[PDB]
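Drug on board: dexamethasone.
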Amino acid sequence: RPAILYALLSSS
Amino acid sequence: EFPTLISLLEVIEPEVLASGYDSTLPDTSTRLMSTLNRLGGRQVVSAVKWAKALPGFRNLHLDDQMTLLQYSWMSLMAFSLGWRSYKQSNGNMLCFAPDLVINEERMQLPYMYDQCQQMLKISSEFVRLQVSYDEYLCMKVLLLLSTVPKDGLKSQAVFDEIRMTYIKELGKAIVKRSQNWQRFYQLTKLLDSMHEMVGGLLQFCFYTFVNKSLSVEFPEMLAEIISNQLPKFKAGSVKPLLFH
Ligand SMILES: C[C@@H]1C[C@H]2[C@@H]3CCC4=CC(=O)C=C[C@]4(C)[C@@]3(F)[C@@H](O)C[C@]2(C)[C@@]1(O)C(=O)CO
């Protein structure tokens, strides 16, 4: 699973 | 009362990024493709922010949100590129960024001519149909919702309802401007043909990504997306949603 993408979706 | 969905789509539309392409160094294809991918990664980050602000989108399961963005990033970026090229040059040139246009000395670079022709195709459809801003915004949402795994999604129910919302919205933008049903037909034909126009771009992307000799660079964002996407596309477990 694409980490930067997933992280981007989980955060801000 | 509450702002219309269409007005919200306008406020959340990202500003055009600058590339910082240095047209001072000599034009090479490896360097141009590398610059384009760098600008691509940034635009995709921008598209994650945009999708998050998208009424309804956050109600999908995180896996589905990820899936949709993974499968449609290329079509989102190519659609906006078509839009900017249409507005800024009436479809005569590709306008990637304010500091990055494709002129004839860089369209003549190895590997460039074919990929640029495919991208200008998209632009010239906007010209043919004289697409309005609002039509464009609704269509761009529908693109985000147009490619799904053959095995379906998790939150299929929320997904189906989200599509219905934005199909309504495209219908409304068509109403608020030929004949309504003909226009809807033409725009949904345009959406359908995006799957074909973009399949070719993906193929070339996969090639420049896997080709060791060519040394085209990808930022880590795109690298991770592409790296994951490639086995799913080989295996053919990716389904286009088509209107026709
Ligand atoms: C032909 C393909 C399609 C290209 C993409 C087309 C859509 C797009 C629009 C932009 O405004 C910026 C970047 C992207 C997202 C892109 F232009 C670059 O990433 C380079 C790209 C993948 C490509 O040129 C390559 O595979 C080069 O490696």
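Going down the sequence lines, the chains are called A, B, C, and so on. By the PDB entry numbering, chain A shows 17-28, in order. Here the PDB entry sets the residue numbers for chain B, with the shown residues being 528-704, 709-775 in order. Whatever order the structure lists them in is the order used to number ligands and atoms, beginning at 1. Determined via X-ray crystallography, 2.5 Å. All values below come from the heavy atoms of this structure, side chains included, with hydrogens, waters and symmetry mates left out.
Lab note: main contact partner of dexamethasone (name per the PDB entry) = Ancestral Glucocorticoid Receptor2.
With heavy atoms closer than 4.0 Å, the chains neighbouring dexamethasone read B.
Near B/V747, with a cut-off below 4.0 Å to any heavy atom, the atoms of dexamethasone are 28 (O). If you number the atoms of dexamethasone from 1 as listed, the ones under 4.0 Å from a heavy atom of B/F735 come out as 1 (C), 26 (O).
The PDB entry names the source organism for chain B as unidentified. Those atoms of dexamethasone that come under 4.0 Å of a heavy atom in B/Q642, given as number and element, are 1 (C), 2 (C), 23 (C), 24 (O). When hydrogens are left out, the protein atom nearest atom 12 (C) of dexamethasone is B/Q570 OE1, 3.6 Å; that is the closest non-hydrogen contact. Annotation: atom 18 (C) of dexamethasone to nearest protein heavy atom, B/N564 OD1, 3.4 Å. Under 4.0 Å from dexamethasone, heavy atoms of B/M604 appear from its side chain as well as its backbone. Distances below 4.0 Å separate heavy atoms of B/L563 from the following atoms of dexamethasone: 12 (C), 13 (C), 18 (C), 19 (O), 20 (C). Contact atoms of dexamethasone toward B/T739: 26 (O), 27 (C), 28 (O) (distance under 4.0 Å to a heavy atom of the residue).
The nearest protein atom to atom 5 (C) of dexamethasone, hydrogens excluded, is given as B/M601 SD, 4.0 Å; this is a heavy-atom distance. Ranking the protein heavy atoms by distance from atom 26 (O) of dexamethasone puts B/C736 CA, 3.1 Å first. The nearest heavy-atom contact from the protein to atom 17 (F) of dexamethasone is B/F623 CE2, 3.4 Å. At a 4.0 Å heavy-atom cut-off, dexamethasone touches B/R611 through the side chain alone. Under 4.0 Å from dexamethasone, not a single heavy atom of B/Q645 appears. The binding site of dexamethasone, defined by non-hydrogen atoms within 4.0 Å, is formed by B/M560, B/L563, B/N564, B/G567, B/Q570, B/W600, B/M604, B/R611, B/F623, B/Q642, B/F735, B/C736, B/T739, B/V747, B/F749.
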